[PDB]
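The block underneath contains the structure these notes are about, expressed in structure tokens.
Just so you know, residue 1 is the first one in the sequence shown, and it goes up from there. In listed order, ligands and their atoms are each counted from 1. Because only heavy atoms are used, hydrogens play no part in the values below, and waters and symmetry mates are left out as well, while side chains stay in.
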Amino acid sequence: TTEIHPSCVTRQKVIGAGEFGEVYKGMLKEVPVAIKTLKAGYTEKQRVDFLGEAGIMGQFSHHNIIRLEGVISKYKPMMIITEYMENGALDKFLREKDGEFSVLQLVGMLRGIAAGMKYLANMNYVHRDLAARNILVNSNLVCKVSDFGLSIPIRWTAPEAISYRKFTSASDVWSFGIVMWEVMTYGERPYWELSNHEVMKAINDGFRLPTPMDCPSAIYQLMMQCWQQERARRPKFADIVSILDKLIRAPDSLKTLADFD
Ligand SMILES: O=C(O)c1ccc(Nc2ncc3c(n2)-c2ccc(Cl)cc2C(c2c(F)cccc2F)=NC3)cc1
């Protein structure tokens, strides 16, 4: 991992509380960055998670995964320095921009998330916490996976993972279907409505999230396939990216809307 000298880093404003201590926006040798710190007295476990997270991110090289600029490990507090994402978290972004994008733009955002997720699944990582709040958005409208999930958000979690803790790339596919629904609704809360216990009961009875307004048939059909009770009947991320690519290349296909009620 690139080791960054602290003289090349400037914290400018706290922007978050974070898993490890404060998160800042700042400037780097100048490019704006986000800066995650590990405050003093951190534990061995915390150090292994903090620098372990940075270790995987630096190795990764995909357009839809947050870019790591480097780490500060020689000096304290330790720092993880990532590209700054101008539009912030996807869930908050969509809720502040209700109705402002075209269906083609919405589907392009989902394609990027699917590609990024695919890269993670092929590299043998299970996210476990795939939700719009864990995707960031830049000034090109590109969505990149962050957080990295857990090493349990009920409303985003697949039935087999709730019921017996089987987290796989197929339960991430379930979560991705929820993310599709979050994007298509501009950040509605899944199952708005229902208690956590009622969601778990509803999912196992075959209930599913309803059709969003202005949602293409193909898009609602795909998220419904992501929500197959049986893991093996869910599409792979490769299948998902491929389908979304065909829809994006023939944009009139997105003009056929699933009925809304
Ligand atoms: O609302 C705005 O105006 C706004 C908010 C944020 C940004 N830009 C930005 N860019 C990169 C990061 C963050 N924020 C950021 C900020 C705070 C915290 Cl607590 C976490 C992160 C994270 C993060 C992460 F590590 C795991 C999971 C989710 C994350 F969001 N990643 C770097 C721009 C505008």
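This structure shows the drug at ligand 1 to be MLN8054.
In this complex, the main macromolecule engaging MLN8054 (ligand 1), as named in UniProt, is Ephrin type-A receptor 2. Under the 4.0 angstrom criterion, atom 2 (C) of MLN8054 (ligand 1) counts as lacking any protein heavy-atom contact.
The source organism recorded in the entry for chain A is Homo sapiens. For MLN8054 (ligand 1), the closest UniProt active-site residue in chain A and the least heavy-atom distance to 1 Å are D129, 7 Å.
In terms of protein heavy-atom proximity, atom 30 (F) of MLN8054 (ligand 1) is closest to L136 CD2, 3.5 Å.
Contact annotation: for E86 versus MLN8054 (ligand 1), heavy atoms closer than 4.0 Å belong to the backbone alone. Given atom 14 (N) of MLN8054 (ligand 1), the protein heavy atom at minimum distance is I15 CD1, 3.7 Å. Intersecting the UniProt ATP-binding annotation for chain A with heavy-atom proximity to MLN8054 (ligand 1) (under 4.0 Å) gives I15, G16, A17, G18, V23, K36.
Residue-level proximity to MLN8054 (ligand 1) for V23 is carried by the side chain, the only part with a heavy atom below 4.0 angstrom. Of the protein's heavy atoms, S146 OG, 3.3 Å lies nearest to atom 24 (C) of MLN8054 (ligand 1). Looking at chain A, most residues touching MLN8054 (ligand 1) fall inside the UniProt domain Protein kinase. Short contacts between MLN8054 (ligand 1) and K36, defined as distances under 4.0 Å to a heavy atom of the residue, involve ligand atoms 25 (F). Distances from atom 11 (C) of MLN8054 (ligand 1) to the heavy atoms of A17, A34, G18 show the closest one on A34. For the residues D147, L90, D129, the heavy atom positioned nearest atom 26 (C) of MLN8054 (ligand 1) is part of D147. In terms of polar-atom proximity, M85 is counted as a contact of MLN8054 (ligand 1), with an N or O under 3.5 Å from an N or O of the ligand.
If you check which protein heavy atom lies closest to atom 6 (C) of MLN8054 (ligand 1), you get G88 CA, 3.7 Å. The binding-site residues for MLN8054 (ligand 1) (non-hydrogen atoms, 4.0 Å) are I15, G16, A17, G18, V23, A34, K36, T82, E83, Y84, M85, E86, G88, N134, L136, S146, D147.
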